Each structure stands twice: as C-alpha cells, then as structure tokens.
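This entry carries ampicillin (open form).
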Amino acid sequence: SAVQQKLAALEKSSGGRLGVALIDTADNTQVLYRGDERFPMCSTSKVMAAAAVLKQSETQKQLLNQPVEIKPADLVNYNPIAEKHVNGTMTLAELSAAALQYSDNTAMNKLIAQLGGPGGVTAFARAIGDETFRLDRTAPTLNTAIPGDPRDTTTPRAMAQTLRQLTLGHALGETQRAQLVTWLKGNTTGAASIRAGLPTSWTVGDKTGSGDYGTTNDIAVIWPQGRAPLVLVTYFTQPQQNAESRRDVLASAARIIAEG
Ligand SMILES: *C(=O)[C@@H](NC(=O)[C@H](N)c1ccccc1)[C@@H]1N[C@@H](C(=O)O)C(C)(C)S1
C-alpha cells in the first residue's frame, strides 16, 4: 500500500526498527508493518497485568478494594505513586491506576505478585487467545530490551488483537472492560507518542513503554468521532544500548496511519 512506503521511509529516517499494527473495527482490516516480528514490550505489558487482575475481579467481586502493603523493599527504579504510600497500603485499584496511568513499576510488581508471578500474567494471555505474549521477568529488569532476546516480547499483530479483545471485545466483564477503558483514557505518559500524531478531536486511551536500546513503545485504542473505533500498536527499538527515547517516531507513525 501507500502507508507501507511511508512507514518504511519513517523507519529508514530513524535508524531503528519500527513495528506497527492497526486494526479498524469497521471492517476488521489490518495495517501491519513488521507485524510478526518480536519487539520488547517494556511497560506496555502492564495492560496485560491489570487486565488479568480485572479478570480475577470477575469472581472476587471486592478484589479491587483489597489493601496491599507498600514496604521500602518493594521500591525499584521508578515508583512515582508507590513512593507516596511507603509504610502504608494501596488497594489493587490504585495499584492498577498507578501502573497504567503513571507507569509505576512497584505497582506492576504488585499486580504480578497478585497473579502468582510473571507466569500468571502470561497465563491470562493464553487464556484469551494470545500465543505470542510472554512475560518472563518483573520490573525493572523486563525493560532490558536486548536485541534478539525473546524474553518479555510480543509482536505488533498479537498485541493489537489482544488489546481489542480487552477494551472493545469481551475478554473481560462489562464493569471490568469499562474500568480498563477509563484507566487507559486517564494515561499521563503518552502526550508525545501516539496522541501527538492524531487529530485532537479523537479520544485515545493508551499505554507507553520505555527501555534500554532506546526502546519506545505505545499501544492505543482510538475512538474517532462518528466512526468505528481503532486499535494502534507502535513499537520502536534502536541498535545502541544507550540510545535516547524516540517518542517522535511513534507520533509520526500514528500520523501516517491516521492519514490512511
Ligand atoms: C516501562 O516502560 C518502564 N520503563 C523503565 O522501567 C525503564 N527502566 C526506564 C526508562 C526511562 C526512564 C526510566 C526508566 C516505565 N514506563 C516508561 C514509559 O512509559 O515511558 C517510563 C519512562 C515512564 S518508566
């Protein structure tokens, strides 16, 4: 197509490896660029963890109100919210909000522990039909993003298909799906990524990701006004370990997609 040429041109101008997957839910067509290649998810895998706890809430009705201790030894590299409740407690609802809207790594590790380890997160992915998603490590070592390392990776095709079933499909209950949609719309970390390349009248819920080798990710569900919703995944990684983040590439990919 024409989007393929411009995405390939954007990737050439960036010096890195770009992966894009779009699903238009009006006709279920797919716009893929390197859609079957493996990319490090970094903190875009947090959506899987929050959705798995939400799935647990379908049986444990009062699970999200359960308090969880935040002790100093739980602190890691980036804890913007959990820093404020040390020697106190946060409920699983506020931990999911801290993980999704502020990318709190301590909040993520608390979701992983609630699920019985990273194997419990991958289990939820297989239970909803995702055979590519694999979580192998806790935060922050899941952000190492070594080239060729299969740990903590997924493909754009699989992540877009899964994100649709969670936010638009019916892998979750209504209260759970609406709670996940509300969380993603309140994200505070994606102003410079997918959101920066979309028409400002479009409402977006998204989750960003960052890691070593300049890894810059963003997955998003997009509601255009007067049009069926869309799902967009943008993965980007770079050859140099000390590479700087490239959120501008994610915006440019979204603009190329939105024009399509
Ligand atoms: C996952 O994406 C997380 N990233 C990390 O833990 C990295 N070790 C890191 C990268 C850059 C600065 C500090 C730590 C969290 N999610 C990122 C994001 O959404 O962009 C993050 C920078 C907020 S940290």
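Positions are given from 1 along the sequence. Start at 1 and go down the list; that is how both ligands and their atoms are numbered. Atom set for the values below is all heavy atoms of this structure, side chains included, hydrogens, waters and symmetry mates excluded. Technique stated in the header: X-ray crystallography, 1.9 Å.
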- [ ] Look up in the PDB entry the name of the chain with the most contacts to ampicillin (open form).
- [x] Beta-lactamase
Task: Check: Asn77 N/O within less than 3.5 Å of ampicillin (open form) N/O - done: yes
Task: Nearest-neighbour protein heavy atom for atom 6 (O) of ampicillin (open form), which is reported as residue plus atom name and distance - done: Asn143 ND2, 2.7 Å
Open item on the list: At under 4.0 Å between heavy atoms, is it the side chain or the backbone of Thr208 that contacts ampicillin (open form), or both, or neither?
Closed with: both
- [ ] State the residue and atom joined to ampicillin (open form) by a covalent bond, or say none.
- [x] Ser43 OG
Task: Verify atom 3 (C) of ampicillin (open form): protein non-hydrogen atom under 4.0 angstrom away - done: yes
- [ ] Using distance alone, determine whether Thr189 and ampicillin (open form) share an N or O pair under 3.5 Å.
- [x] no
Open item on the list: Can you name the atoms of ampicillin (open form), numbered from 1 with element, that are less than 4.0 Å from a heavy atom of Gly209?
Closed with: 2 (O), 19 (O)
Open item on the list: Protein non-hydrogen atoms only, distance under 4.0 Å: does atom 12 (C) of ampicillin (open form) have such a neighbour?
Closed with: no
Task: Within reach of ampicillin (open form), part of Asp212 (heavy-atom separation under 4.0 Å) - done: neither
Open item on the list: Under 4.0 Å from a heavy atom of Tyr78: which atoms of ampicillin (open form) are those, numbered in the order shown and with their elements?
Closed with: 23 (C), 24 (S)
Task: Close N or O approach (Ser210, ampicillin (open form); < 3.5 Å) - done: yes
- [ ] Determine, considering heavy atoms only, which of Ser45, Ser43, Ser103 sits nearest to atom 1 (C) of ampicillin (open form).
- [x] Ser43
Open item on the list: Working on a figure here: which residues of other chains come under 4.0 Å of ampicillin (open form) (heavy-atom distance)?
Closed with: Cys42, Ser43, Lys46, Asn77, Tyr78, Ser103, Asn105, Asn143, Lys207, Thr208, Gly209, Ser210
